[PDB]
Amino acid sequence: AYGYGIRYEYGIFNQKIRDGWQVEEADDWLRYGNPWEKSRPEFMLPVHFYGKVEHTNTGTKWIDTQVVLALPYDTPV
Amino acid sequence: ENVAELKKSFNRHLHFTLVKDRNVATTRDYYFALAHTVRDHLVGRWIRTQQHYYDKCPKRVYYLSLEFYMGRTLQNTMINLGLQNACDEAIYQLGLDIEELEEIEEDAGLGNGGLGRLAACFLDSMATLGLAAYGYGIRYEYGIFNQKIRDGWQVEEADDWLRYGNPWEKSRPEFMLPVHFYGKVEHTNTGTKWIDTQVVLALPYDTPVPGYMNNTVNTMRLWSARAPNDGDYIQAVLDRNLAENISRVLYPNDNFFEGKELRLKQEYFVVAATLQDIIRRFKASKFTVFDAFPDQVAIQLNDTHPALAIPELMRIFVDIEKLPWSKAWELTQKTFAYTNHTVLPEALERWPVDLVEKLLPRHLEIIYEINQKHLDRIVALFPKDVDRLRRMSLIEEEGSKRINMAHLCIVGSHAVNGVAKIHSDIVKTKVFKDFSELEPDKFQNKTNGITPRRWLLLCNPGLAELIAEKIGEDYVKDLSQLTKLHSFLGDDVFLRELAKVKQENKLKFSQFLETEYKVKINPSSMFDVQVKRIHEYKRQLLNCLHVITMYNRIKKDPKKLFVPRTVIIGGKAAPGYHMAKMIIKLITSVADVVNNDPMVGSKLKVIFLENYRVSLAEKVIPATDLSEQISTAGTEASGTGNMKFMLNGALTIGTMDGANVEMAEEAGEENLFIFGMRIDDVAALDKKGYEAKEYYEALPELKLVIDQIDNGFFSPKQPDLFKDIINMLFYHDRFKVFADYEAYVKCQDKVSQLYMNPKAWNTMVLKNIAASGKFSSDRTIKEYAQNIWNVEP
Amino acid sequence: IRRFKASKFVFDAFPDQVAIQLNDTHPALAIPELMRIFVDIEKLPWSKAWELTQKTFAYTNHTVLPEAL
Amino acid sequence: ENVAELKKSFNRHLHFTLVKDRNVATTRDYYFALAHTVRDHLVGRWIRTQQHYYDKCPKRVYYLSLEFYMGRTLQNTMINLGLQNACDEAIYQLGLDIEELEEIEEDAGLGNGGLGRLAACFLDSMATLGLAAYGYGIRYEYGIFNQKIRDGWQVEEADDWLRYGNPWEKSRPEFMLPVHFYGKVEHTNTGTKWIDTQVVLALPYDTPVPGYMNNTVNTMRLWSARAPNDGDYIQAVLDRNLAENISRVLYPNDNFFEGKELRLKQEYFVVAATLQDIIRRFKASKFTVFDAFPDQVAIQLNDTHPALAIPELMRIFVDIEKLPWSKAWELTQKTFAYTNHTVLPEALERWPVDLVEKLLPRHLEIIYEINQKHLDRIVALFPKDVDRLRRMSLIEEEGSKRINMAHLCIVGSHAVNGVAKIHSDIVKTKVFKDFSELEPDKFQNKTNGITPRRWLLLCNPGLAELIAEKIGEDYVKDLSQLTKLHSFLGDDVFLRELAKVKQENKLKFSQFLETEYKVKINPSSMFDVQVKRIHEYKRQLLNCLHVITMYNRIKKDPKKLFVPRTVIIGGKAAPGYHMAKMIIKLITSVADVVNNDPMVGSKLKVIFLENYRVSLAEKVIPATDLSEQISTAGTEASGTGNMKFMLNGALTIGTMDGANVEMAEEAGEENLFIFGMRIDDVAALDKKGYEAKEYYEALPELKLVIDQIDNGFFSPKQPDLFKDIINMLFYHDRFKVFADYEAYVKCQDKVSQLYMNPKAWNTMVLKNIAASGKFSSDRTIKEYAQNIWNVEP
Ligand SMILES: O=C(N[C@@H](Cc1ccccc1)C(=O)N1CC(C(=O)O)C1)c1cc2cc(Cl)ccc2[nH]1
Ligand SMILES: O=C(N[C@@H](Cc1ccccc1)C(=O)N1CC(C(=O)O)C1)c1cc2cc(Cl)ccc2[nH]1
Ligand SMILES: O=C(N[C@@H](Cc1ccccc1)C(=O)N1CC(C(=O)O)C1)c1cc2cc(Cl)ccc2[nH]1
Ligand SMILES: *Cc1c(COP(=O)(O)O)cnc(C)c1O
Ligand SMILES: *Cc1c(COP(=O)(O)O)cnc(C)c1O
Ligand SMILES: CC(=O)N[C@@H]1O[C@H](CO)[C@@H](O)[C@H](O)[C@H]1O
Ligand SMILES: CC(=O)N[C@@H]1O[C@H](CO)[C@@H](O)[C@H](O)[C@H]1O
Ligand SMILES: Cn1c(=O)c2c(ncn2C)n(C)c1=O
Ligand SMILES: Cn1c(=O)c2c(ncn2C)n(C)c1=O
Ligand SMILES: Cn1c(=O)c2c(ncn2C)n(C)c1=O
Ligand SMILES: Cn1c(=O)c2c(ncn2C)n(C)c1=O
């Protein structure tokens, strides 16, 4: 088995009670470092967003896209 | 188009076209049903394409050649039409294996090697670029012979490729034409008349040439010889074979001139038919009327083989269309362009005027007049220099008069090109100096190329997919896009994936080798490959020396670390080429000793790849680690196999000759294993004098090899079997094998070193593949379109 | 997909080597994305790819609350 | 320590730290495993060193700078720890190439050029001398951008140097600190209070600085910006980027002031954190308590960038530690020392008081008070001279009020120094005349230096070994020992060995050039190099004129003996520096015409060295024959690249400017190719009036070059592409390029003459290297230690 998700810099917020109301504080869980994760840079990948669809004889092409990279981090289970 | 409908069409053809059902259908039957199913997808665009050319009348390009080394058509057609994946699925769903059906198809081997394969790659490129191009050749009943090895020797078998029928060809009876021979000339008051001739009919067969994913389908028109219809009755009917013998068989000579009357008939046959077909088409279009001819028609001469086209066109314009000489000649020079494909003396076409007088009387007269107008000019511009007249004449006088067809092509053409920088240079400043000095702008270079469809997409889908997943499919039509590959030089994973692709190709090709040959293949060894026509200039002999060399080093120190190799050498030898046949026997003799010696084991295997042809090149090329391109510097006009291996992930070891020089420039010299003498070194060694007995005396490793070959170590039953080889090496070797021996071996040692460093080896592989873009035949044709034919996509 | 190709692999065996559980609808786009890869990248016909897809994916519904759909 | 144990440690890290084995390990993985293996050797001495400083409390030196151009750390660390040879052997025994692993390491390019590299050389020197020194900067997520050339133009790419992680840095979370911004001031009865501020946290990262073979390891502490922890929730979390943008990227400007609010934030950010960290440390040691502060702490201001430190310290002493102004001010002046690094008007920092009022309200008030006490004094000593008050004020009134940070540094410091005799002189008697007249003993000179470890031992091992075999290894710590080299001026063999070293460096660097660029390199040609940030004052343009000059002479008389050269010009241009970018395009345009003209051939090659950085300087510098140091006299404060080339065997051609003047003094003027106007000539030409159209009218060779550049000879597709360059040269050239053209070219001709006399050339080379001792940064720091910081090794 393999789990697949997103490595959020900020997880679910830390909740505090101020004057009886809930107050949210950023959960900066990686500030001091996480020894349990292992970057795997050789497996980085590009992800596309936006752009448009071109219908050519070589089939449909998704062009003019903005690219973002995906850097995986493995945690042992 | 979709899977379900492809299954129905297949079953429909198996039934109505093959008259079979699943219980009685043969493998050939399934293949024909699939072939017809795919073939139907071309018809619409083929009619549409040809109709478009008629309505818009773009300038037409005619590639005239005696050779078209087409290989197989089914897979190629499925890829260019975007049907492969669908057909693969449909066939699989019908319970069949498409790969097995594909092996049924006979190769259309109407060529000898490069020259014929270049023409085939050009058609693909011209169709992919959307040009109104037409290829014109001869529909040989028999192509290049099928090669077999019996008792270590090459044995030839007729290549009866049409026996079972050809679904990819379409007879065009309405365009049949008569071609004349012999007869005599009559200079009357109504024009010159070529009469009392022997007539042979030419029946054209059209084969569709589909471009890659563009809806364009051009035509390859091949002519067939047929007896006219107008002593013993039986013999007379049988004698009809004589005429039909004209398009019977392809002359099996690569880079060698054989002045056989039948060949001269094939040259004129294809030429007379083609030029009459182009003229008819011209006059049938929207068009003194001929002034626009050179603006509507461009004819490329593939080597001097179709040289007769120059006078044939003149004959037509003057005797048929009644145009004055001066005008006829002008249009001719604007119409023709000549490609010189070789510099080897033995390959030069020099026809005895006696032979030409008897067979083509009217053409001899025209060639003589062309030479007169030609020499009158020279005499004017150089009143003194009479030796220049002799060197530029279309006629050679020394002994029996002969015609220099190359000279004839130069004067009747407006463009002349070599097939690689170093070759074109040698052609312009050395071989045809006297001509280029007068007409400098006439000579050019058009470096050869190979189509990335058949030679990448078709032969190595794994590599095409890997590349495509990283930089898109853009590269198929614009190969210079492979340079983006440099972005991943430090990407360890992409390098492991690149290697996996090669290894899979090697594992598969290995299954082919253990199936066709006894030998056990070390799948981890290095695949050292040299496949091309057997020639002394290509030096399969040099390679053979290195193999025996490696063998001895192994026997000498069995415990000495040796990088394993599987040396593969293949190629057909011209039937009458004695030295080529002997070289084949030597290789087969070596393999026998090598592959069966317990001490060498899996360290070294040698294979003489039988029946090397296009379909076989598609299998071994993707599986190669090391490509041997070792002809003597200045002897290989260009080479194309070298490009094939470069595009498919192999490293190259060769001399600075042909296109090898340009490969080094594109990828960087350090990323190739260059060695040996260069154009200048060979010349120096010549002026001085090549004494082969010196290297033998100064190199012990070479001496051991030579002694083994000379004393019978590789032919115990026949101690002097290789005498002729030894004799040529020591006294008649124009290709200086012994002179590059030392550099070659040292180069080979470095290759072995690098092979042991996968990271380094594949890194270089990636730079080569990244630098192969330049060699796509689309780029070659692009330069032809712009600088010679003046046509646009 | 890269792992599948690097193992002892064309894609006919994909569903027999790969099972992808979609935790609620959040990763729903994985379905059309695989179709995209199969068809636009791997050049497989639609019918074949749709078949490989359904065999590969499994969906787990984690709620019926209208505001969570 | 020994080979076997280094192999085990390497394998131990590959396994436990990289979670890899040999079959799946990447090149980056091996590099990290080696890096960690070497890194372990520093820990013991790093803890020991810092513990020693705490127990003995020696005076501490803090080098405060916005820049640290560190380059790579692995090799440097192996050399200073005496591990290189052992690691090289271990790695080789593991089947790897240490050189390939080293190339994986990203440069820590947190600098723009000299100013940042000087700081880096200083840390090395301070650690080698055993000083209790600390460097303080900003840990930029992105350093100086990575440069690429696309279509002849410089293109910028983010230098994401931390992406894969940095083994040489150590987060120190327990020392995190808050830095405030904005807010307002409150003058209460319990002290002044700076409130309602925006807080940003600064997280320090420590990097060890190992001295050469001495067991000392100091620290380089770089600060990182982090958002505090105490509308739409998502946006709020995302908005945390704003604060963190403070230490996001290094401003890519060399010698140019950009008054951007973000930059002002970086200046204060690094300053507030540093001063609070030093104060805390001070109060945490063995210590009214602050009276001993200046005896325990010395802070050097690298240029005016960290000028805010003066008021920040005042703010701390008065508002936090509750010290009276008079005392606070005294301690401050005893603590700070200021180094002026430039005299170029455009590089001067002048912040609009409006910007400072909003961002640093409490600091504006303190700067105003400092100016009041400052001007009250002047008014006293010069009751009449009111214009003197305007010229010495910390505030400039002309138009929008601005703050002269340099003035602020002078009054708050007890020492001010230039970076070279001629520069310091100009700083003391001209630019700051009004200040030095009152406080003469305040101004000094501290000629720049470069570390012989990285810039000799690391970059040119062959030369270090040759030198070491002749005079011992003593010179590494005392470079003035190179003078013993004079003992071998007539030693023909030592001269042939000196030349071999250079040639090897040239052959290796040549492989780098043919690998990165198409061009074919003449390994025997003269390596003419000018690598530095692109500037009009540095005159890469002048060099370019000479190249075009040489090119024309070659075209003019192809058969005229020409001493072959490989001209290399490289350097990054500030992104918004238009003229610098245009200059790059010109050079690339020239190379294209030059490198591809058949008539010039191997006589001349031109290369625009892409992405010039520390690791690249280490490759090209050892490979240089001729070093171009040709900035206009009086414009280069000092220069350090010039020193690098001198120590590595290159001859210099330049003007009497910066440290070039001192190089001539040490080696003897005749042993350098000096030319052009001098500080006095340029002034005369100014008073008179520089009319560039005169030299163009009086020098045909220059006119030809100019016409070619202006008429499109180097940009056919864009005839007026270089219009802006021509326009500046003829009407807006403050660096008088045309004025030194003639002298420069004549100087260049003499260099060519000498190059043809190997004995003479290398003899001069030896005198230069022998005279380079003075330029070791150990000597520079020694003078800083004795005359400004008052600390001992
Ligand atoms: O960063 C080092 N160790 C690591 C150890 C670590 C790793 C993973 C989680 C927690 C701690 C470290 O302290 N951190 C990584 C975290 C971050 O990125 O902020 C904090 C380190 C050890 C070392 C030893 C020498 Cl000699 C020089 C530099 C060094 N850095
Ligand atoms: O020739 C027929 N189909 C063709 C189908 C075909 C066409 C072109 C190439 C290969 C196969 C056929 O079998 N061949 C042509 C080849 C040749 O030239 O010898 C072999 C055919 C189908 C059919 C069906 C009926 Cl009911 C009667 C006669 C028929 N002939
Ligand atoms: O992060 C580990 N090693 C570290 C090792 C390292 C440390 C510092 C610089 C480079 C490499 C790692 O791979 N990186 C830190 C870099 C980053 O900040 O992204 C990349 C690690 C080892 C390990 C071993 C197990 Cl069993 C589980 C989790 C693990 N993480
Ligand atoms: C490509 C090819 C050739 C040309 O090979 P060279 O090595 O260039 O002589 C010859 N024969 C076949 C079958 C080919 O596919
Ligand atoms: C040394 C160095 C410099 C300083 O060069 P000058 O010629 O003194 O301006 C600039 N950049 C780099 C990368 C250096 O190594
Ligand atoms: C006469 C002849 O077959 N020439 C061949 O032509 C091909 C195609 O141009 C070249 O690649 C090759 O080197 C050359 O030997
Ligand atoms: C502002 C700035 O970057 N100044 C630079 O400082 C270095 C180090 O002192 C000098 O060598 C150089 O000539 C000068 O241009
Ligand atoms: C290439 N070649 C041939 O193909 C050949 C030949 N002699 C006969 N043939 C067929 N010779 C000498 C030759 O060099
Ligand atoms: C088949 N074959 C040849 O083709 C051959 C030969 N000797 C020379 N040649 C060319 N021998 C002995 C032979 O058996
Ligand atoms: C050095 N330099 C720059 O770095 C610069 C500039 N203009 C913008 N920039 C970034 N100018 C005029 C300049 O001289
Ligand atoms: C990339 N680039 C520039 O950077 C540039 C320019 N013209 C001026 N500059 C600065 N052009 C035309 C250009 O392509």
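Chain letters run A, B, ... following the sequence lines, proteins first, then strands; residues in each count from 1. All ligand and atom numbering here is 1-based and tracks the order in the structure. Recorded method is X-ray crystallography, 2.3 Å. A fraction of the deposited model is presented, and contact counting is confined to that fraction.
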Trainee: Which name from oxitriptan, caffeine, clorgyline, acifran, propofol belongs to the molecule at ligand 8?
Mentor: caffeine
Trainee: What does UniProt call the chain with the greatest number of heavy-atom pairs under 4.5 Å to caffeine (ligand 8)?
Mentor: Glycogen phosphorylase, liver form
Trainee: Find all other chains that place a heavy atom under 4.0 Å from caffeine (ligand 8).
Mentor: B
Trainee: Distance under 4.0 Å to a non-hydrogen atom of B/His535: what atoms of caffeine (ligand 8) satisfy this?
Mentor: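 The list of qualifying atoms is 1 (C).
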Trainee: Could you find the nearest protein heavy atom to atom 10 (C) of caffeine (ligand 8) and give me its residue, atom name and distance?
Mentor: B/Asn253 OD1, 3.1 Å
Trainee: What is the nearest protein non-hydrogen atom to atom 8 (C) of caffeine (ligand 8), stated with its residue, atom name and distance?
Mentor: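 Here the nearest protein heavy atom works out to B/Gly576 O, 3.0 Å.
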Trainee: Please could you name the atoms of caffeine (ligand 8) that B/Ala574 approaches to less than 4.0 Å, counting only its heavy atoms?
Mentor: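 What qualifies from caffeine (ligand 8) is 4 (O), 10 (C).
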Trainee: Indicate the residue and atom of the covalent attachment for caffeine (ligand 8), or state that none is modeled.
Mentor: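 The covalent attachment is absent.
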Trainee: Which is closest to atom 6 (C) of caffeine (ligand 8) by heavy-atom distance: B/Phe257, B/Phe256, B/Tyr251, B/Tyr537?
Mentor: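 Looking at heavy atoms only, B/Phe256 sits closest to atom 6 (C) of caffeine (ligand 8).
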Trainee: Could you walk me through which residues contact caffeine (ligand 8), taking a 4.0 Å heavy-atom cut-off?
Mentor: B/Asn253, B/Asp254, B/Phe256, B/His535, B/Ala574, B/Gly576, B/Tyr577
